[PDB]
4 protein chains.
Amino acid sequence: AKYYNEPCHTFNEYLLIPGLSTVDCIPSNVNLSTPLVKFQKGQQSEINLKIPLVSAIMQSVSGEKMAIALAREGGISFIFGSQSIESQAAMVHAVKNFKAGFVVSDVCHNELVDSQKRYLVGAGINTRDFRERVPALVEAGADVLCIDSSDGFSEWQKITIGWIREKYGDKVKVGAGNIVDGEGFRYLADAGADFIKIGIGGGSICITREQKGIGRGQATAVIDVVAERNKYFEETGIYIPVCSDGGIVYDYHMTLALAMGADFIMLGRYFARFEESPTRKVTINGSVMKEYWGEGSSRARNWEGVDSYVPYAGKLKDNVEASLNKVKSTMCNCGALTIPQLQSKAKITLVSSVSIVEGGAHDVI
Amino acid sequence: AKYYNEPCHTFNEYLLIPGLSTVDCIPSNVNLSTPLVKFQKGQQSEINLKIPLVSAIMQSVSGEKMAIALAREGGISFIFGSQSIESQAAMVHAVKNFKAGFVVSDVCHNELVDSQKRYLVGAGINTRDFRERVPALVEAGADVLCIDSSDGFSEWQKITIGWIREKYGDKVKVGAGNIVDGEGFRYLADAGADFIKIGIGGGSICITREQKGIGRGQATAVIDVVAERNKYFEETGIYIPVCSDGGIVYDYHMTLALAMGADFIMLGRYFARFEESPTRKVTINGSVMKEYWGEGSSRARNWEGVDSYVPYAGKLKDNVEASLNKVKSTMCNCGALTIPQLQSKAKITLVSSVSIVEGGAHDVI
Amino acid sequence: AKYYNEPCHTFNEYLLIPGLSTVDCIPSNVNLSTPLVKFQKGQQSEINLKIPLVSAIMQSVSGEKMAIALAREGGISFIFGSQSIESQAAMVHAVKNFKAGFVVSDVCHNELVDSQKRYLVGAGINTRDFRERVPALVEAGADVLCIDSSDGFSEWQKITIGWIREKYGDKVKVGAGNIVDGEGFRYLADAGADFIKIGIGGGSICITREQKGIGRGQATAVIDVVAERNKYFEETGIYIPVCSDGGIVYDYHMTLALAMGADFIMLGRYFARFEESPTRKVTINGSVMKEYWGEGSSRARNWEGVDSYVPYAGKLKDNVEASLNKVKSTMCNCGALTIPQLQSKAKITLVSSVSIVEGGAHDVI
Amino acid sequence: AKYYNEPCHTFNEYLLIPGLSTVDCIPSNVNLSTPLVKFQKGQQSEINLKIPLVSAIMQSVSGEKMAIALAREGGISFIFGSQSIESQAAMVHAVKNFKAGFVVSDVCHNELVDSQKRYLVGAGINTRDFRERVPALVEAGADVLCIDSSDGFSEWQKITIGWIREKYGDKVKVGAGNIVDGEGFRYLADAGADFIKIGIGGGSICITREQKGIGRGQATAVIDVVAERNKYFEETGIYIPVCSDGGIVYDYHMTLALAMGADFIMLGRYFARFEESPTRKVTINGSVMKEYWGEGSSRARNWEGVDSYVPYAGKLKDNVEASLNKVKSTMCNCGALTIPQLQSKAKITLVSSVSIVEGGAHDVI
Ligand SMILES: COc1c(C)c2c(c(O)c1C/C=C(\C)CCC(=O)O)C(=O)OC2
Ligand SMILES: COc1c(C)c2c(c(O)c1C/C=C(\C)CCC(=O)O)C(=O)OC2
Ligand SMILES: COc1c(C)c2c(c(O)c1C/C=C(\C)CCC(=O)O)C(=O)OC2
Ligand SMILES: COc1c(C)c2c(c(O)c1C/C=C(\C)CCC(=O)O)C(=O)OC2
Ligand SMILES: NC(=O)c1ncn([C@@H]2O[C@H](COP(=O)(O)O)[C@@H](O)[C@H]2O)n1
Ligand SMILES: NC(=O)c1ncn([C@@H]2O[C@H](COP(=O)(O)O)[C@@H](O)[C@H]2O)n1
Ligand SMILES: NC(=O)c1ncn([C@@H]2O[C@H](COP(=O)(O)O)[C@@H](O)[C@H]2O)n1
Ligand SMILES: NC(=O)c1ncn([C@@H]2O[C@H](COP(=O)(O)O)[C@@H](O)[C@H]2O)n1
Ligand SMILES: [K+]
Ligand SMILES: [K+]
Ligand SMILES: [K+]
Ligand SMILES: [K+]
Ligand code: NA
Ligand code: NA
Ligand code: NA
Ligand code: NA
């Protein structure tokens, strides 16, 4: 077998060490734009998010209301593919035609839209019924697709991406994953993926141990994939955006993920807490909660995972603004006005096993 | 004294990183056959389990019902030697002649059997009364034997194996152990053991600390012994199968043990939970349990250990099938269709002390 | 991004290994004097504390009573700058003119005073209203100033120090910070700071995680900054005193901080517990407590942090004497009669993650 | 300051890996004799314990009854020096003349005795009143002395040993300590100590943190001192026995300490639990306990430490026999018939931070 020189680490094990903060670096001047799909050296990505956040490909997270609310703030949602093809396509259609009208024939500056001023939206696909699902999603106006899988290091993803390239060329964008090391990244890169998703085991509703025992600390996975991605860019001139998917517990984990090289972040739990998630708001002994279940739970694929509750946080807007203000502020502490500058200048340290306690409040009531 | 460069590690500290999964790798096509006894280069083992699981040499685990139920699924049981010679021989006889008849003279495709279609069965032996016990076990039809001891790195095991080789040549198969490093493996190998058992301290009912303070993390022990075993094979052309005995807490620990090089796994607690274990099913406040005690407990050698209870799991069959389906699935994630292929391709990483939390469910109710 | 070879560590992870204790080293002969502001090689600092302790620049810690009580024992207080300029200046004035009289016009041997026998006092300043605040503090008789910030690695601190040097030359002393590595130290050194404050995240009332995720273990930060400070001294002949700010939980952490190279220590919680802190003494179910809130709490900047309680410890005097007696005693165990000698001779070891338990009381009721 | 390449470790972090156990190694044939005082190459120590255990120099442990009971089993006690000179001398006298008679003038094979068949006994001394105390202890018949201190790396110990050598030459044996590294060992060795005591912080009733912050993991201290001791022996031909003092929680820690090179072990808590300790047997809610307080507690030096209770274990004899049987058994697992052979052959591994759980009982009720 093959072993590694170092054990893997998660986001909670790192802290950012400040760099020189210049007078021009104030939160309001920080630009959080980031590339969504691959491009060649010297070019810009055809699709750029205005904020580096995308909602997870999950029944309990990315419905049409979520896709609209997130696109309004500059991010994009990946409508879950764990439903009928007709049903998923309808959600995509509804998001693409939201600015049309509520009836029949009887102003956000950071909104993410296409040349027709329509909100951008993504859609998850699987390696099974893609020959039928993909065309339906394209016709519905889906702006980007993403193969949804726990282990993307599969010949099935290569076949799926190939079928798409052969039928649509580079006109249909498709993300692939998840992978956790350079090998996996490289395989999906050569296969043609437009962006590669990183992460296995990190998800809040994912229990590696009580399952198959596959996975890797999210930080180590990101750092490793990013290095491979950069090597790949140098060899081929092709820059493939990568997504850190899962494991985000605190807002600062977002800054860490971006600093380590992730272009954007995929979150489930974070977004499930919002009013706009498709789940039910349930009140439990004075506490308003929201349902949250993984795609691996029996409750999902009935059309490996856990079914739970997350505290209600209110509307997506105020929460995302609060989170990103903290990211922007930290970026300035690091001397960065943009994500690429942060990825270049960030000073990232690992913290001791016997520590972390000093970081929080201690010896006080 | 002699010290080591690295501290030892247990199974819970590792995770498997996926490899390329090909289209032909589906769980149902995974072959879990594995060698039980040593053979020369270019040959096949005279005895091959159909599944890499064997039940522990314990009074509370391997009785005749267990031996039958496990052999039916492709594994083998080692009838405990902590009983009279006449008593142990009778159990072996009963298993060997089960397909004869229930009265007097008045279709499982993965069953493990001999050329006479009789279920295979093993039997534990000790370094004391082997001159009387061995012959009785052979006459009873025991297919394989195994010296049962916590520290097999002993001249007593060499003497026992020698007496067997001198009286039966290579016609009687005998496993030896337990050992935890290359030195111990090598000693029992040169002594003639047909398979070597790995593990000291890992057992669920074993408390190293509150005892002698001998032992080693099961993962490190396996990895070390396997390297020595491979070196030995290269020098002599003799391949000695090794058994990871104890420390298996979760199903994925099985995949880990095999990936690290263990040919098969010995379990006690896992099998004690089944209907077929010889212990009593006792109901405690709505919870049906089964008794489980170690061979080192006073409750056993009365014919060092602990006496406890394990939750009833039902019949052996459905449980073993569920466990192995998960192993097979993980093997495909690793790009392996067989155990040898898994041992060759597995990518095994250690996980941080400050982690493991990310792996399971977190920040959710 | 930039990574490090070792994870950071906190004070709780270290222990001092004794050196040769000579007959002349008794606690009463230990000199705890230490430099407060920078000087050139061959000179002495214009200001020397008699004890290496200074109270934090916080509303709940350094009021006029605290400044007087601490100066009497040989330390200095930094009157909080999170109040009106007129208000802060009045506190400084009151401390400077305390030995004048209680009415109107109708003997501590370790006291820290100026050439006029008046108690020394410091005052915190910010990078915003310094053009108005500084002059007012100088006129009031402030002996030393200190820019109060969580991330001193800022162009704003350079501008502030510059404005001070241009208007007052080297006649007005100003400390800067906080920083946690050589880079940050070097930047503030070249900027002209008279002393540099070390520490981000360590504070008892500071929660890095639930915030921005910036920081570093206090021990590692001190050790790193001190090495840079020593390198800087060798290159320029300028010795810049450094302050370990925050993270002190136990008295021995004080000895550790000094041994690692910190010239003096800044504490908040430690001093808040005293009668002389400006907060209210509140009795909670038989326990007399004192309020303690960080400057980052909403309760403070209303003229990021937490509001809490700390157990009442009584008057500053008896507590500081008890603490320093322990430091002095430990210094002799290390063969040191002075702080510089301790920094030179201390033998400092890191302790294992799996330990620390042996250090305290164990296996006893 | 001076730092180290590795963090220190305690006994709980190690396990012994078995070696070849020969047929002649049975517990009853294991010899636990060990040297108490220094000797030259080619010679034997003038005093050899029959078992490697000595009771701590504590008021709550080593009284006359303890000294008698322990000497009967082959060990020696160090009558506490924290009492009047007349009082301590009387205890020594009583032990030396126990085989005389209970009234006035009106058969253990492992007993430790002198040429007059009298039980051996030791006595602790301090660096203060030794000019009066020593003569009184010698006249009383004390067989060996030991300077009692938490930091033996002191010029005071050199002066004390010197005064003894000048007045008695090498006729009076005196141990010194405690130290935790090669430097300290070397200093007391050159000073003339007959044996050197290792350990600071390990004691069950010692709380390093809540004190001065001096100390080192007991295992690391022993390993380091032993290496220095062996180097010293090679350079001078003088073999100085060393004592691992404190930190023994389990019986296997005894085997570990000896395997790492300690010639003998000093214990406090272990012996306090016995009927023969001078403290009071107190019954607390059905549990018979014994008082146990450190020499650093105010309760002691009233003629830094804690006052507590330890569960009653009964008579010293049965307990020491049980403990040593386990040590002897483990020694055979390691292929050792004597302590020197164990120190030479022991294979000692460190165990992972994330482990230790596997070692004990797990996943069972
Ligand atoms: C597919 O959605 C995921 C993803 C993206 C991830 C994980 C996961 O468990 C599931 C659910 C797993 C399912 C439905 C089993 C099918 C499969 O193999 O894909 C994970 O651990 O990392 C990433
Ligand atoms: C023999 O069965 C075992 C085995 C196989 C192992 C251990 C163990 O404790 C016992 C019971 C120990 C007994 C009955 C003491 C006799 C002996 O020395 O064999 C263990 O720790 O690793 C493996
Ligand atoms: C300024 O006072 C501090 C200091 C000195 C430190 C920290 C901190 O949180 C605050 C409060 C932080 C505030 C009021 C936000 C403004 C700022 O950015 O300065 C810390 O973590 O290390 C040192
Ligand atoms: C002297 O007895 C000890 C010993 C042997 C040790 C320690 C200790 O705390 C005390 C009590 C400490 C006292 C009475 C203070 C006087 C002194 O300095 O000796 C310890 O930590 O390691 C070893
Ligand atoms: N284990 C499951 O059932 C399941 N369902 C989804 N997931 C993974 O977890 C991610 C969400 O993680 P989280 O809640 O944001 O930590 C998803 O985008 C996906 O990669 N895991
Ligand atoms: N300590 C004991 O009393 C005892 N009895 C059996 N054992 C060991 O534990 C193994 C079972 O481990 P487990 O329950 O499967 O974790 C046995 O095969 C044996 O090697 N240990
Ligand atoms: N987080 C906050 O609100 C806050 N307020 C003050 N501080 C920092 O904490 C220090 C006090 O730490 P402590 O209480 O002594 O551990 C201050 O000197 C400052 O550097 N942090
Ligand atoms: N801290 C104290 O008050 C105190 N008193 C004794 N000791 C140390 O602890 C040892 C006993 O340790 P333990 O109880 O056996 O773990 C003593 O021999 C001595 O070195 N420490
Ligand atoms: K900065
Ligand atoms: K795969
Ligand atoms: K000393
Ligand atoms: K052995
Ligand atoms: Na903190
Ligand atoms: Na998880
Ligand atoms: Na202790
Ligand atoms: Na165990």
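The alphabet sets the chain names here, A first, running in the order the sequence lines are given. Note that chain A is numbered according to the PDB entry, with residues 2-107, 220-416, 431-492 shown in order. Following the PDB entry, chain B residues are numbered 2-107, 220-416, 431-492, in order. Here chain C follows the PDB entry for its numbers: 2-107, 220-416, 431-492, in order, are the residues you see. Residue numbering in chain D adheres to the PDB entry, whereby the residues present occupy positions 2-107, 220-416, 431-492 in order. Order of listing sets the numbers, starting from 1, for every ligand and every atom in it. So this one's X-ray crystallography, 2.2 Å, going by the header.
In this entry, more contacts with ligand 1 come from one chain than from any other, and UniProt calls that chain Inosine-5'-monophosphate dehydrogenase. The molecule at ligand 1 is the drug named mycophenolic acid. Drug at ligands 5, 6, 7 and 8: ribavirin monophosphate. The letters of other chains with a heavy atom under 4.0 Å from mycophenolic acid (ligand 1) are A. Taking every heavy atom under 4.0 Å from mycophenolic acid (ligand 1), one finds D261(A), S262(A), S263(A), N291(A), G312(A), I313(A), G314(A), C319(A), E408(A), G409(A). For atom 19 (O) of mycophenolic acid (ligand 1), the nearest protein heavy atom (residue, atom name, distance) is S263(A) N, 2.8 Å.
There are UniProt IMP-binding residues of chain A with a non-hydrogen atom under 4.0 Å from mycophenolic acid (ligand 1), namely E408(A), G409(A). Scanning the protein for heavy atoms near atom 5 (C) of mycophenolic acid (ligand 1), the closest one is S262(A) O, 3.2 Å.
Counting only heavy atoms of the protein, atom 15 (C) of mycophenolic acid (ligand 1) lies nearest to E431(A) OE1, 4.2 Å.
Of all atoms in mycophenolic acid (ligand 1), numbered sequentially from 1 with element shown, those under 4.0 Å from a heavy atom of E408(A) are 14 (C). According to the deposit, the organism of chain A is Tritrichomonas foetus. For mycophenolic acid (ligand 1), none of its N or O atoms has an N or O atom of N291(A) under 3.5 Å away. Closest to atom 23 (C) of mycophenolic acid (ligand 1), if we only count protein heavy atoms, is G312(A) O, 3.2 Å. When chain A is restricted to the residues UniProt lists for NAD(+) binding, the ones with a heavy atom within 4.0 Å of mycophenolic acid (ligand 1) turn out to be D261(A), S262(A), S263(A), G312(A), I313(A), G314(A).
Looking only at protein heavy atoms, the nearest one to atom 2 (O) of mycophenolic acid (ligand 1) is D261(A) OD1, 3.4 Å. Taking distance alone, with nitrogen or oxygen atoms compared against 3.5 Å, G409(A) stays at or beyond that limit from mycophenolic acid (ligand 1).
Considering backbone and side-chain atoms alike, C319(A) places every N or O at 3.5 Å or more from each N or O of mycophenolic acid (ligand 1).
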